[PDB]
**Q** 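Dropping a structure here in structure tokens format, bear with me for questions.
Just so we're on the same page: letters track the sequence lines, and every chain starts at 1. Just so it is clear, the values below take in all heavy atoms, side chains as well, and ignore hydrogens, waters and symmetry mates. Counting convention: from 1, in listed order, for ligands and their atoms alike.
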Amino acid sequence: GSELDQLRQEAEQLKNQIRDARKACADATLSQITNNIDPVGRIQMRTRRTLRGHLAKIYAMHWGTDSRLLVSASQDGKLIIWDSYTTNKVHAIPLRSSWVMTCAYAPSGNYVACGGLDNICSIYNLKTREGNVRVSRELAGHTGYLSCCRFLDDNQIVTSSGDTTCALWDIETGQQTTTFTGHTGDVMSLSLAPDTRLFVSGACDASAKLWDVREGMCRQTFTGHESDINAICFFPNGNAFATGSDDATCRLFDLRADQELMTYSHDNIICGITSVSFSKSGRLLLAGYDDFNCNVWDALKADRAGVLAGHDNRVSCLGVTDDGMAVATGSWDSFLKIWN
Amino acid sequence: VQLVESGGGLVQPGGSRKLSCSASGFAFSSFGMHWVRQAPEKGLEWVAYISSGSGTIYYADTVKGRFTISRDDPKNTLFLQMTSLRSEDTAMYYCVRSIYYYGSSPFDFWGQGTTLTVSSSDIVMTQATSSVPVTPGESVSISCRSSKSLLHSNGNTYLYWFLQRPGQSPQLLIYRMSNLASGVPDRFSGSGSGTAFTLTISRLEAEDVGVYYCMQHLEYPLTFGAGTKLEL
Amino acid sequence: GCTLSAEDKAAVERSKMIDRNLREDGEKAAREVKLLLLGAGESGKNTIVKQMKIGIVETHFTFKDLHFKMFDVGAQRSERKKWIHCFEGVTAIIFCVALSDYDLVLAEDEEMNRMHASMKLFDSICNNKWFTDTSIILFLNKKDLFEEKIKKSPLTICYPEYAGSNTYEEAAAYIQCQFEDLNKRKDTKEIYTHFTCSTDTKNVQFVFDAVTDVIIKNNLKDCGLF
Amino acid sequence: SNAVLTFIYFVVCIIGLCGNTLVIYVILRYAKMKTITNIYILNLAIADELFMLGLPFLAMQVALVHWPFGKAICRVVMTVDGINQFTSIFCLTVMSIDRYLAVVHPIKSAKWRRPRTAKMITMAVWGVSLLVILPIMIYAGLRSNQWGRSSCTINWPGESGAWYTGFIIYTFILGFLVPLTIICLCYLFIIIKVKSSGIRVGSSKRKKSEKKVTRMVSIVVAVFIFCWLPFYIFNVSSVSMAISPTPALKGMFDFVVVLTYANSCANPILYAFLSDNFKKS
Amino acid sequence: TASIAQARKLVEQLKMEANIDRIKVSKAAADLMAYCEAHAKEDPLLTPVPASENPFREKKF
Ligand SMILES: N#Cc1cccc(-c2ccc3ncc(-c4cc(F)cc(F)c4)c(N4CCC(N)CC4)c3c2)c1O
């Protein structure tokens with residue numbers, strides 16, 4: 001009661017201290033400084049490859065390190081590995097549980113991870129003397145549905161769940177070595193830093209927390225949205241990230257300075273964002289919507305540099321290769337397209 | 001993984017048998033199979049190949065229209081049937097295992113093999129050296145040459161290096177002349193450019209003595225190479 | 001086309017075989033009947049191993065040469081809005097209820113009632129942007145408890161604006177009308193109502209009839225005669 | 001009158017061409033084999049489109065009766081007209097059988113037919129159409145007339161007095177009589193299945209659903225009968241009792257021909273537009 | 001008297017997040033623009049490339 005009230009007052013005082021310490025540094029805005037630069041031309045990209053073979057909705061995809069192989073997960077209980085240069089199929093892995101929501105591809109190329117709605121993350125081994133693909137081990141311990149997973153190394157993986165918690169795992173043993181707590185709502189996505197020493201995560205409470213892999217202690221918290229956060233990704237520099245929410249708005253955040261940078265909104269679009277991705281040079285920002293179309297934004301001028309319309313259903317996943325050559329789009333019409 | 005052949009013995013010119021091969025320890029019905037001739041005190045020679053799912057069967061012109069190769073998937077057995085046998089059919093028959101997709105390594109497992117004695121354009125098969133007196137503790141360079149460039153516009157050169165040791169079956173060393181096979185020591189390395197090829201062994205020890213072969217996979221009439229026998 | 005090497009031809013053959021296997025596996029999955037099962041809790045959802053049998057929980061069974069897959073999603077304890085679209089193509093959502101325990105006003109919250117919550121859940125499920133054109137089959141309860149509970153306690157008057165009392169037929173018909181008059185479509189979605197009895201066979205024939213009727217209606221709407 | 005008949009020919013050709021082209025374009029561009037129903041609809045539309053090309057050649061027979069095209073052109077146009085006619089009729093019958101199998105026997109028969117048998121059925125339909133139309137009809141050739149102008153008409157072989165009667169009764173059996181029984185039986189059994197499914201489980205809207213299906217069945221059967229009935233009765237009546245050729249006879253014969261060709265342009269307006277394609281188009 | 005531990009943990013967390021270093025927004029924006037400018041040469045999406053070095057070019061078949 002009284003102790004609770006005084007603790008709440010102390011927390012509000014700390015919040016005021018944060019609020020008026022953040023506001024001292026906000027001197028200028030990005031747009032008025034960037035207005036000197038010359039705007040990028042109207043980017044128009046064409047469809048080069050059309051990948052077919054799925055029989056249900058496509059929920060996730062991931063690019064390989066060599067930027068020629070990619071894995072896609074779909075609700076018909078299948079996991080297909082593609083050759084993007086010749087449209088051939090390399091592998092097709094049946095799943096024990098049909099419902100999946102995310103997939104990952106190992107940076108070395110030996111393992112593929114999947115999972116969702118069954119609270120179990122499974123690991124598959126691609127290179128066996130047996131000549132098949134077999135599950136290496138199944139990770140258990142989460143309570144809510146799995147929403148994202150990323151291979152930190154060949155023996156480590158970090159996952160986010162619907163139980164409001166993110167956990168790091170040891171693949172060799174199968175036990176959680178670090179647990180991250182603090183999100184009030186459901187965690188929906190995460191992205192790893194290029195140095196694999198930090199990562200972020202977007203939760204349903206319209207906040208994104210910057211974690212620390214080693215010591216397992218949260219460092220910074222970012223706000224500014226008004227609804228659920230569905231997508232997140234790092235800038236190639238490693239000092240900024242962009243978030244996508246369901247309020248038809250994309251925002252850019254800075255790590256070194258705790259301030260808002262940009263807003264990507266248009267009165268013509270009032271639909272939610274499903275996926276967010278960057279480019280090799282960090283110039284143009286790509287975001288998929290549920291209005292059946294994708295959109296290409298200039299990261300420096302917040303203007304639509306082009307459109308990308310080839311799907312008749314909702315776009316669910318996006319991806320850009322490591323060399324920046326191409327870009328892939330997956331949708332609910334069970335078709336994958338490669339644009340250039 | 002294991003591969004045991006059956007149906008050997010001694011035959012006559014007016015004779016016919018059905019070779020057998022049993023595969024255990026791996027998914028048999030998702031692999032291509034080969035047969036390789038190997039005459040006594042002579043080199044290797046490709047014979048036949050059946051695809052996965054029996055979708056494709058190729059033969060050699062030397063034995064075209066004379067041998068039949070079949071597949072038995074649920075019972076995991078393979079057969080080769082012979083109608084007429086000449087004097088030149090004595091050899092050391094082997095069964096080879098290969099799988100083809102992006103980044104795979106065919107001809108990885110050569111099987112134990114079996115023996116059978118019979119009573120009495122194409123790429124060229126050429127190598128320069130025939131024997132090399134060598135002493136452990138130094139480097140060895142082996143060369144192999146062809147009549148046509150093995151390089152495609154996509155960028156793949158199909159040259160396969162592998163070794164045979166006395167008293168046992170050959171095993172793969174290098175595939176596509178750039179990559180080491182699984183479980184092969186890093187001492188070996190391969191390189192080339194166009195038609196010129198070479199194979200270097202950084203450190204030599206008592207277990208690296210035998211006969212070396214070069215093969216091209218550019219066209220389906222697979223031609224082997226001469227042997228470069230190394231004597232301790 | 002003809003410019004491929006010997007390796008790429010075998011790669012193409014492998015890809016073609018993978019395609020044919022995918023297609024033949026996906027053909028069989030289209031003739032399965034998927035059922036999504038919902039309930040208020042102890043309203044009889046656990047009564048499956050006896051009635052129809054000799055994370056997300058899934059049970060498989062067959063009847064009169066027909067494959068069934070029932071998904072129990074009541075143990076997820078997560079936000080429904082984030083994963084309810086995963087069942088967009090299901091057939092015949094089943095909403096098991098137990099409203100024979102109405103006069104026993106309990107909520108585990110000290111303020112609400114089982115009946116009111118149950119109708120809130122029924123209205124919430126039935127009127128999503130999804131689940132349109134998806135029929136609902138209702139299982140009410142074992143009627144003996146209602147029989148023995150309405151006779152001793154005329155507590156049914158706790159429901160505002162009710163005329164009759166202590167008549168099982170009238171009260172049951174009133175409750176059924178109350179649920180069946182809650183859907184906002186009433187023109188493109190059908191609701192089937194049934195009363196469960198101890199008999200084991202009587203609880204499966206109804207489901208079989210309902211699903212075959214739904215399939216026939218779907219075929220009529222698909223072949224253009226509708 | 002004759003000019004009015006030619007104008008009617010041209011307008012029905014334009015309408016059929018535009019409608020069939022629109023349906024084919026929509027199906028190919030958007031659907032891409034969504035369901036076997038669209039496969040059958042595309043099959044029907046392809047056949048109906050080829051009708052509209054033949055009629056402008058028939059106009060030269062209608063007006064300026066002299067035929068300067070020769071023998072090859074007339075034989076080709078008769079062959080293509082007959083093949084398209086029979087394939088359209090057979091496609092209608094196959095669609096009716098498919099609907100009956102889909103509705104009345106869903107648990108057992110629908111499993112086998114669905115995956116890929118449709119393409120085989122299409123090949124078989126085209127083959128039987130060729131086998132039935134070519135060996136008997138290709139006997140046609142240009143025949144001199146009392147008017148003096150070469151006209152396109154089936155050449156009469158020997159003992160034609162009985163041969164023509166045999167040909168007309170045979171084509172009446174295969175073209176009209178057989179499809180009617182199949183369509184009526186299939187649609188009546190569909191009605192019975194719908195009523196039985198409604199009665200078996202308590203349904204409030206069972207009365208509403210039954211009303212529309214019967215109306216659609218009536219519309220389809222009525223339009224088919226009204227389009228295809230006058231021609232065969234005209235033939236049998238003209239064969240039964242001899243009647244002199246008169247300008248009224250020629251005009252009414254033209255009217256019968258255009259009425260029979262009407263079924264074509266009627267087909268895609270009815271089958272495709274009144275289906276679940278309404279939201280799609 | 002059960003949420004006091006959670007409240008104290010939250011207060012300790014919010015008392016630590018304020019002891020961090022900050023910079024000016026203009027400097028960060030300038031550095032970001034500098035990175036974008038200095039890496040803009042070799043971005044295939046920004047600058048269209050001829051068909052010689054494109055592996056995704058659509059073929060006749
Ligand atoms: N199957 C069948 C079939 C069955 C029974 C009788 C016949 C039959 C027999 C003799 C015909 N003589 C001339 C014409 C004609 C040609 C024209 F260029 C213009 C024109 F106004 C009329 C005919 N036509 C073309 C085929 C059909 N459209 C019907 C009308 C004839 C049809 C059949 O063809």
**Q** Name, as UniProt does, the macromolecule that ligand 1 contacts most in this entry.
**A** Somatostatin receptor type 2
**Q** Quick one: what's the drug at ligand 1 called?
**A** paltusotine
**Q** In this structure, which other chains have a heavy atom at a distance under 4.0 Å from paltusotine?
**A** D
**Q** Which residues of other chains have a non-hydrogen atom closer than 4.0 Å to paltusotine?
**A** D:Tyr9, D:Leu58, D:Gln61, D:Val62, D:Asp81, D:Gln85, D:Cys152, D:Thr153, D:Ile154, D:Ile168, D:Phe231, D:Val257, D:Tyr261
**Q** Could you tell me which organism the entry lists for chain D?
**A** Homo sapiens
**Q** Under 4.0 Å from paltusotine, which transmembrane segments of chain D, in UniProt's order from the N terminus, have any heavy atom?
**A** 1, 2, 3, 5, 6, 7
